[PDB]
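Contents: one structure, followed by commentary.
The sequence lines are lettered as chains in the order written, beginning with A. Quick note: numbers on chain A are straight from the PDB entry, i.e. 1-42, 45-245, 250-280, 286-360, 369-441, in order. Chain B residue numbers are taken from the PDB entry; in order, the displayed residues are 1-440. Following the PDB entry, chain C shows residues 127-185, kept in their order. These numbers come from the heavy atoms of this one structure, side chains and all, not from hydrogens, waters or symmetry mates. Order of appearance sets the numbers: ligands from 1, and atoms from 1 within every ligand. A fraction of the deposited model is presented, and contact counting is confined to that fraction.
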Amino acid sequence: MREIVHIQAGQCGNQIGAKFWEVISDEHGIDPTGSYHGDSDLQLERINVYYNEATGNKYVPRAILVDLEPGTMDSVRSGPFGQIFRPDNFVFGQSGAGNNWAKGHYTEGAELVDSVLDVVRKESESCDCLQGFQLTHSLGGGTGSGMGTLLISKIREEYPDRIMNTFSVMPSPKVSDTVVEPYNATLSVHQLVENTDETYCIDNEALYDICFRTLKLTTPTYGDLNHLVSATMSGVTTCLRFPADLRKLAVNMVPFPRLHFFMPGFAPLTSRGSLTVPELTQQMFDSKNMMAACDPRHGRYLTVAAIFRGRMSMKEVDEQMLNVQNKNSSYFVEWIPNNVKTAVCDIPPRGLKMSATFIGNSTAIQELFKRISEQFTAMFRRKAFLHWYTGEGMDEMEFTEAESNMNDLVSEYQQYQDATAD
Amino acid sequence: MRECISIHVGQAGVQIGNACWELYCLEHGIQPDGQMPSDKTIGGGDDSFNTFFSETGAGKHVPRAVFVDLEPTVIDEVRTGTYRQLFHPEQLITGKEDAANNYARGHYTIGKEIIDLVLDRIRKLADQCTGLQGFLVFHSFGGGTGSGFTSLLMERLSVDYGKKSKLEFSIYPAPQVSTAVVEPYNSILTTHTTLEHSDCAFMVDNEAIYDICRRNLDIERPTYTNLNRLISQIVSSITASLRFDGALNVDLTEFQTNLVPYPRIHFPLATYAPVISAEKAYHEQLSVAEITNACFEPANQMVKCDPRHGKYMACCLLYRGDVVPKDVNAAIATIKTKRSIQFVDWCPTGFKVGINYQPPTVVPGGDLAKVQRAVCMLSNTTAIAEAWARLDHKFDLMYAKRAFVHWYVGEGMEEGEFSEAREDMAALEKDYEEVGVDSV
Amino acid sequence: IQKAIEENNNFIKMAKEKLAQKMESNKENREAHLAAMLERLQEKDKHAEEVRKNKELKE
Ligand SMILES: Nc1nc2c(ncn2[C@@H]2O[C@H](COP(=O)(O)OP(=O)(O)OP(=O)(O)O)[C@@H](O)[C@H]2O)c(=O)[nH]1
Ligand SMILES: Nc1nc2c(ncn2[C@@H]2O[C@H](COP(=O)(O)OP(=O)(O)O)[C@@H](O)[C@H]2O)c(=O)[nH]1
Ligand SMILES: COC(=O)Nc1nc2ccc(C(=O)c3ccccc3)cc2[nH]1
Ligand SMILES: [Ca+2]
Ligand SMILES: [Cl-]
Ligand SMILES: [Mg+2]
Ligand SMILES: [Mg+2]
């Protein structure tokens, strides 16, 4: 009834995208062949949200796989669940982006964007009532960042009354050595501020720090970082997949159109070496459990959504959510009453009896944008590596515009952080 | 004759409607297939229960009701539920995209696409009536459909049915059972736009019902199912005078004459007793005096407010079950000596009493104990303005920063409607103060 | 009784008109909001043509 159309672009977008479908396919009882062999009818009640019912009663992800190189997508077809994806929904080119936003947004990506939209229309027109789109991508690359923001802008032209959500992976020096990542990220944020309703800030800095400090991984792999992303995306989409739509959920989380960048959180986060409701709640409000490298106690919450999964006492959940709010009242803006909402789903994730997923619209997210801006200006005031972008036809002003737009986003977060009721 | 048409709007309206019609069927002996063995007149009749039920030639008793929602999931449960055979399919109306808790989408963007079909289906119910009395509209304040589409429907009903009476059962938002943040906006918007088109509205505070279920029925974490079964009992007490008859029965319209001193002051405070579990009702007979005393315990009110800090403009007592005037009069005399009951100086102080001898029913598997006698008090007190004050204050907090307003503007509304609606509420709060001031 | 008929008819009339004006004012506002959104997106499309043209010149 309420369908979502999923898109994954670039290496990162396709990697976490594949993991997302692995995890939710398991939760819904779908095997790599697309057949259902579950044990509960709750797994199928809202399976239409993300899957199409095909001939032979096989369920096909409503997913579109995009990349300017075939490398990663070839791994998807060969990896686990590579055969459930609709083969025609693979839209790849050979040119590549070379980690250049301009090549993805303007040059190489523009040549391919039309063939991507062709698959989007065929998927959308088969929907009884399309909720909207979710995109997985990184902001430091070239395809996911450049062609992803282009796809968003062009999808919005044909579907302006549909929700556009993104799971955007922010760059960090701790994960990738590529130098121009601040440029690609700042150019992308400039786009996401305008053309998305919800953006989950999946910060590689925070993912690494969690794997290293908490999970005790000396050398975290992309697979280790992605296990966190997979569990997070499963959590934030749980209320959509198991028995409100993207719009109602955005309405209660986005008080201002530009301030739609969320801090994801998850609990429990434990290493392979060695749980109460009070502890779950305390953890998901701890800075250590945030998938964005921001301290929520350096800002204030505009809105918060929290979903608990597993068998537990709703009364105890109600008490502890009221408990943490009163003890942290200062960090919740007064001018949005009742801005913390809670949901429960009886079905826990895989390998856990209880979990909690945190979605925070906190002004503390400015710390993340401030970090990207610092890296950006440290390279743009020298005009370093700019020839990669002017070579594609860009002008220095577009770099200056994207810069000052993100600095405005920061000052806008600071405005409402300092605002008071009286 | 004197038919009433019920209109259930949005999730809260539909689910509360399900509970009410289930309870009505049990009270009248109607089976889930619409058959009523005790009814010896087949295909028609002028009995008291015919105010709420029509009859087909095959002996089916069909609610005079329309269910409307902008998404189908809630009404689908009616189409496949136990009482699915009770409703003709045309009485259940659904879109496919809801209002997303946005008044603008319920009143404009989405609502305008279905409003014509809804009015057409209501007309078909009205055409079956020989003397239509009015409409009963069930809806939430907080939902985008309950707020936005209800306002649109009420405006349209005034046009199509003149000043035929329209009564509301409105669910006032409570944070304990809501996951929406923009409910203060939707509440003020719908209250402003509906105020001219409603003759009388019974607000039900979800927090008050939530507290009663926890305190009096020992339910740890009430669900909508728990709240709705209790709400259905109060609704039943209020409509019992229309569906049953008796020598001591007083029609709801006659109570309304006393409850509404000015058109805008049409929000009665309901208080219901006894709410008691089976375990406590065992070897426990609550007398007329005991349930009457409970009416003046604020914890049993449908809306959280303090009548002791306001003034009364009317007090009505709707009894049902084993109750005779002698005991009522004795109970009332006792209460007048021990309670803070201050009337405005321009209104008589007598209590208006009605008795419906039919005893109340309970749904199987419920938590409410079956009792021999119950009572619903309907009072017009200035204290109900406290509910407007709390809601208006949450409105002001968010609107001073224009939080979430872009969602409404994006769907076509203007900031002028927000300030215009808030000013109407400020005048309403002012109206409630003025009525409580002593005369010159 | 004539006054009663006139007041009821005038109430019906003013409500019918008040609503007709609200629903038209809302239609125009929503249509304008969506038109401005697309106009911004077309402007970006034009800017993309200039970028691809600026590349060609450098060659
Ligand atoms: N008492 C009671 N309140 C309910 C029920 N369902 C929803 N509510 C309340 O109604 C408000 C939300 O409005 P809904 O009726 O669910 O929304 P809707 O009318 O369907 O409108 P949209 O879904 O936004 O299109 C919240 O304050 C809920 O607590 C119910 O079954 N019983
Ligand atoms: N968490 C995570 N981050 C990734 C992955 N692959 C790439 N990245 C990040 O994304 C950025 C590189 O962008 P990439 O997606 O590889 O470029 P693209 O293929 O042109 O879209 C770097 O900052 C990486 O840290 C992945 O599998 N997981
Ligand atoms: C694909 O992108 C998305 O899934 N978007 C999205 N936005 C959301 C907002 C909230 C929630 C909740 O779980 C929730 C928890 C408690 C109360 C209310 C809601 C889930 C969301 N999912
Ligand atoms: Ca009959
Ligand atoms: Cl329908
Ligand atoms: Mg790469
Ligand atoms: Mg609804």
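The chain in largest contact with ligand 3 bears the name, in UniProt, of Tubulin beta-2B chain. As PDB records put it, the drug at ligand 3 is mebendazole.
Other chains within heavy-atom reach of mebendazole (ligand 3), distance under 4.0 Å: A. Protein heavy atom at the shortest distance from atom 1 (C) of mebendazole (ligand 3) is A:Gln136 OE1, 2.9 Å. Close N/O approach between A:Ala316 and mebendazole (ligand 3) is not found [any backbone or side-chain N/O within under 3.5 Å]. The PDB entry gives chain B the name Tubulin alpha-1B chain.
Taking atom 22 (N) of mebendazole (ligand 3) as the reference point, the nearest protein heavy-atom neighbour is A:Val238 O, 3.0 Å.
Residue contacts with mebendazole (ligand 3) for A:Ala317 involve N, CA, C or O but no side-chain atom from C-beta outward (heavy atoms, distance under 4.0 Å). The shortest N/O to N/O separation between A:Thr353 and mebendazole (ligand 3) does not fall below 3.5 Å. Contact annotation: A:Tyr202 has at least one heavy atom less than 4.0 Å from an atom of mebendazole (ligand 3). When heavy-atom distances to mebendazole (ligand 3) are checked against a 4.0 Å cut-off, A:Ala354 comes that close through both its backbone and its side chain.
Residue-to-ligand polar distances keep A:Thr239 apart from mebendazole (ligand 3): every N/O pair is separated by 3.5 Å or more. Annotation for mebendazole (ligand 3): atoms under 4.0 Å from non-hydrogen atoms of A:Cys241 are 11 (C), 12 (C), 13 (O), 20 (C). The atoms of mebendazole (ligand 3) that sit less than 4.0 Å from any heavy atom of A:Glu200 are 5 (N), 6 (C), 7 (N). Backbone and side-chain nitrogen or oxygen atoms of B:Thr179 are examined, and none is located within less than 3.5 angstrom of a nitrogen or oxygen of mebendazole (ligand 3). Less than 4.0 angstrom separates some heavy atom of A:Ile318 from each of these atoms of mebendazole (ligand 3): 13 (O). Atoms of mebendazole (ligand 3) found under 4.0 Å from any heavy atom of A:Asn167, numbered from 1 in the order shown, are 1 (C), 2 (O), 3 (C), 5 (N). With a non-hydrogen cut-off of 4.0 Å, the residues around mebendazole (ligand 3) amount to A:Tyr52, A:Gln136, A:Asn167, A:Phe169, A:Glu200, A:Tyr202, A:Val238, A:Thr239, A:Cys241, A:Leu242, A:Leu252, A:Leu255, A:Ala316, A:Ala317, A:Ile318, A:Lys352, A:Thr353, A:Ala354, A:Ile378.
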Once you restrict both partners to nitrogen or oxygen, which atoms of mebendazole (ligand 3) have a protein partner under 3.5 Å, and how far apart are they?
residue	atom	partner	partner atom	Å
mebendazole (ligand 3)	2 (O)	A:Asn167	ND2	3.0
mebendazole (ligand 3)	4 (O)	A:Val238	O	3.4
mebendazole (ligand 3)	5 (N)	A:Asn167	ND2	3.1
mebendazole (ligand 3)	5 (N)	A:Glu200	OE1	3.1
mebendazole (ligand 3)	5 (N)	A:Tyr202	OH	3.3
mebendazole (ligand 3)	7 (N)	A:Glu200	OE1	2.8
mebendazole (ligand 3)	7 (N)	A:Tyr202	OH	3.1
mebendazole (ligand 3)	22 (N)	A:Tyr202	OH	3.4
mebendazole (ligand 3)	22 (N)	A:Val238	O	3.0

